[PDB]
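The structure to be discussed contains darunavir.
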There are 2 protein chains.
Amino acid sequence: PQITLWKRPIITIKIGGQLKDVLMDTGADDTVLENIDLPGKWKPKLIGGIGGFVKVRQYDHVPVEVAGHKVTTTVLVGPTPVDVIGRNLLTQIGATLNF
Amino acid sequence: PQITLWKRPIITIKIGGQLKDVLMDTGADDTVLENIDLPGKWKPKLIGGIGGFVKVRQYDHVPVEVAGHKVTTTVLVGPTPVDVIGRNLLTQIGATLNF
Ligand SMILES: CC(C)CN(C[C@@H](O)[C@H](Cc1ccccc1)NC(=O)O[C@H]1CO[C@H]2OCC[C@H]21)S(=O)(=O)c1ccc(N)cc1
């Protein structure tokens, strides 16, 4: 699809067996969601948001389906006011910003 | 132009007689810049992100130039660690996401 930006660019992905609505965020390096149920081990990561640096859980090799592509990706889980998919996943699906 | 996302999408904008490097950010509802003095009246706003709320000043109808287009636009000014242009300005220049 080609999406204009008058509305927030939200799409539905499948992650850890669940459908989740997520904002496509070109200013995010990483994909971050709050309070999702992902199995297995994780490591601590510190990310810097607009308000400061925040501790999150980093899950590697997570199967996601986005825009009908099935990939594996890194997913961070932690306090965020919006569940976002960042450039790590947007590049995986070949997304571009056009103008 | 068509920008892939393996890199952060950083463009220059001319504003307030300054040249600033800004992230083109589909996750930001509105542009926010840290180090800049803009003339005139403004209204206080809180914006919400990772790490909590940030207090900003909202300036309306600010002349800027980005991607070769002169427009007037809403600019938020406050202590963001990274300057971004948001969907308000991206829509004024016809930016879209494609995947
Ligand atoms: C979290 C989003 C809903 C909102 N943010 C825009 C977002 O693109 C920020 C923009 C951003 C970028 C860098 C530093 C601060 C803010 N990126 C961000 O927080 O990304 C985090 C996830 O990946 C990591 O890589 C970058 C920081 C981490 S935001 O900066 O809080 C923001 C909120 C409201 C407005 N009007 C403008 C910006």
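Naming convention: chains lettered A, B, ... in sequence-line order (proteins, then strands); numbering from 1 in each chain. Looks like X-ray crystallography, 1.7 Å, at least that's what the header says. Counting starts at 1 for both ligands and their atoms, following the listed order.
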Worksheet item: For darunavir, what are all the matching ligand numbers or chain letters?
Response: ligand 1
Worksheet item: Which macromolecule is the chief neighbour of darunavir (ligand 1) by contact count, per the PDB entry?
Response: HIV-1 Protease
Worksheet item: For darunavir (ligand 1), which other chains fall inside a heavy-atom cut-off of 4.0 Å?
Response: A, B
Discussion item. Can you report which non-hydrogen protein atom sits closest to atom 20 (O) of darunavir (ligand 1), along with the distance?
Written reply: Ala28(A) CA, 3.5 Å
Worksheet item: Is any covalent bond from darunavir (ligand 1) to a polymer chain modeled here, and which residue and atom does it involve?
Response: none
Discussion item. Taking a cutoff of less than 4.0 Å between a non-hydrogen atom of the residue and any ligand atom, is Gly86(A) in contact with darunavir (ligand 1)?
Written reply: no
Worksheet item: Heavy atoms only: which of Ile50(A), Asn88(A), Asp83(B) is nearest to atom 29 (S) of darunavir (ligand 1)?
Response: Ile50(A)
Practice prompt. Go through darunavir (ligand 1) atom by atom and flag the ones less than 4.0 Å from a non-hydrogen atom of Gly49(B).
Written response: 31 (O)
Practice prompt. Quick one: look up the protein heavy atom nearest atom 34 (C) of darunavir (ligand 1) and list residue, atom name and how far away it is.
Written response: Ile47(B) CB, 3.9 Å
Worksheet entry | Heavy-atom nearest neighbour in the protein, as seen from atom 1 (C) of darunavir (ligand 1), with distance rounded to 0.1 Å | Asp25(A) OD2, 4.0 Å
Discussion item. Is the contact between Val32(B) and darunavir (ligand 1) made by the side chain, the backbone, both, or neither, using heavy atoms and a 4.0 Å cut-off?
Written reply: side chain
Practice prompt. Considering the heavy atoms of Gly27(B), write down every atom of darunavir (ligand 1) situated less than 4.0 Å from one of them.
Written response: 2 (C), 3 (C), 4 (C), 6 (C)
Worksheet entry | Top protein contact for atom 25 (O) of darunavir (ligand 1), by heavy-atom distance | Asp29(A) N, 2.9 Å
Fill in: darunavir (ligand 1) contact on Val82(B) by region, counting heavy-atom pairs under 4.0 Å
side chain
Worksheet entry | Protein heavy atom at shortest distance from atom 35 (C) of darunavir (ligand 1) | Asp30(B) O, 3.7 Å
Discussion item. Suppose we measure from atom 33 (C) of darunavir (ligand 1) to each protein heavy atom; which comes out shortest, and what is that distance?
Written reply: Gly48(B) O, 3.5 Å
Discussion item. Please confirm whether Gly51(A) approaches darunavir (ligand 1) to less than 4.0 Å, judged on its heavy atoms.
Written reply: no
Fill in: Short N or O distance, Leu23(B) and darunavir (ligand 1), threshold 3.5 Å exclusive
no
